[PDB]
Amino acid sequence: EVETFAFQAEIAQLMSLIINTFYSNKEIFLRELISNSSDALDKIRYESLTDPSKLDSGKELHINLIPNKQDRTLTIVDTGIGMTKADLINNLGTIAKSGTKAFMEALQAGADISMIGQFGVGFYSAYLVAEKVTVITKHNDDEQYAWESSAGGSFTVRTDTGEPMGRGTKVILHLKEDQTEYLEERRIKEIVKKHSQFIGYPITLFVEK
Ligand SMILES: CCNC(=O)c1noc(-c2cc(C(C)C)c(O)cc2O)c1-c1ccc(CN2CCOCC2)cc1
Ligand SMILES: [Mg+2]
């Protein structure tokens, strides 16, 4: 029921560097995830311009940020195009092998970790703040699937039994114990205002309690 896969070696190396390098500017993870959501929303919008039925799975195009201090999780939900099972296995819809090699080479030449998005592998900056990441996704052409990894060289993919999503992607960040600042409303607002001013979709920061 659950399939376990090994990361390509270059991606495992990148994840180990992200988890073990000293780097204080960890807030960039949220810019990268919101950017990915915006790109996926662009994709379903473009497909809908010639086939309106592709929005039968949901006409609203938005990004929601959902902190939960009890679970110590930050969840980012979008209603973009979503990923098929094959996309998930294929490094979450990215050419991550060649992106990670170029990025780690740039880091050798003095590049900064904040440039990770220029190399198409910004997703993995989630491991700056998260000990585990779950990605739940639904694409019009496939069933709902959950990808998960705590690094350590492997990820799992399984059919998702949770709340049906309609269409889109949910990223659940299981935060490290010393990274709970990213559950505070003021901190999230600050990061969104600083890094995501020109995202062309409504970003709703949920409140708690
Ligand atoms: C069939 C094609 N589907 C998609 O492109 C897609 N659907 O949902 C995507 C999301 C992926 C991520 C992470 C997990 C990679 C998100 O955080 C949010 C998404 O909406 C998502 C996606 C969005 C962005 C990226 C990363 N880019 C980066 C630049 O090069 C191309 C890939 C990869 C995948
Ligand atoms: Mg693009």
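FYI, the numbering just counts along the sequence from 1. Keep in mind that the numbers below use all heavy atoms, side chains included, and drop hydrogens, waters and symmetry copies. The header says X-ray crystallography, 1.6 Å. Indexing begins at 1, ligand by ligand and atom by atom, following the structure's order.
The drug that appears at ligand 1 goes by the name NVP-AUY922.
In the deposited model, the macromolecule with the most close contacts to NVP-AUY922 is named by UniProt as Heat shock protein HSP 90-alpha. By chain and number, the binding site of NVP-AUY922 at a non-hydrogen cut-off of 4.0 Å is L33, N36, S37, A40, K43, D78, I81, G82, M83, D87, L92, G93, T94, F123, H139, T169, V171. In terms of protein heavy atoms, atom 8 (O) of NVP-AUY922 is closest to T169 OG1, 3.1 Å. NVP-AUY922 places these atoms under 4.0 Å from at least one heavy atom of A40: 6 (C), 7 (N), 8 (O), 9 (C), 20 (O), 21 (C). Given atom 6 (C) of NVP-AUY922, the protein heavy atom at minimum distance is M83 CG, 3.7 Å. For NVP-AUY922, the atoms closer than 4.0 angstrom to any heavy atom of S37 are 18 (C), 20 (O).
Under the 4.0 Å distance rule, the nearest protein heavy atom to atom 16 (C) of NVP-AUY922 falls inside the cut-off. As stated in the entry, the source of chain A is Homo sapiens.
Given atom 18 (C) of NVP-AUY922, the protein heavy atom at minimum distance is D78 OD2, 3.5 Å. In terms of protein heavy atoms, atom 1 (C) of NVP-AUY922 is closest to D87 OD2, 3.4 Å. Among all protein heavy atoms, the one lying closest to atom 23 (C) of NVP-AUY922 is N36 O, 3.5 Å. Shown here, atom 30 (O) of NVP-AUY922 is out of close reach of the protein: none of its heavy atoms lies under 4.0 Å off. Of the protein's non-hydrogen atoms, the one nearest atom 3 (N) of NVP-AUY922 is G82 O, 3.1 Å. For atom 33 (C) of NVP-AUY922, the closest non-hydrogen atom on the protein side is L92 O, 3.3 Å. Per-residue contacts place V171 under 4.0 angstrom from the following atoms of NVP-AUY922 (heavy atoms of the residue considered): 17 (O).
Protein heavy atom in closest approach to atom 14 (C) of NVP-AUY922: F123 CD1, 3.5 Å.
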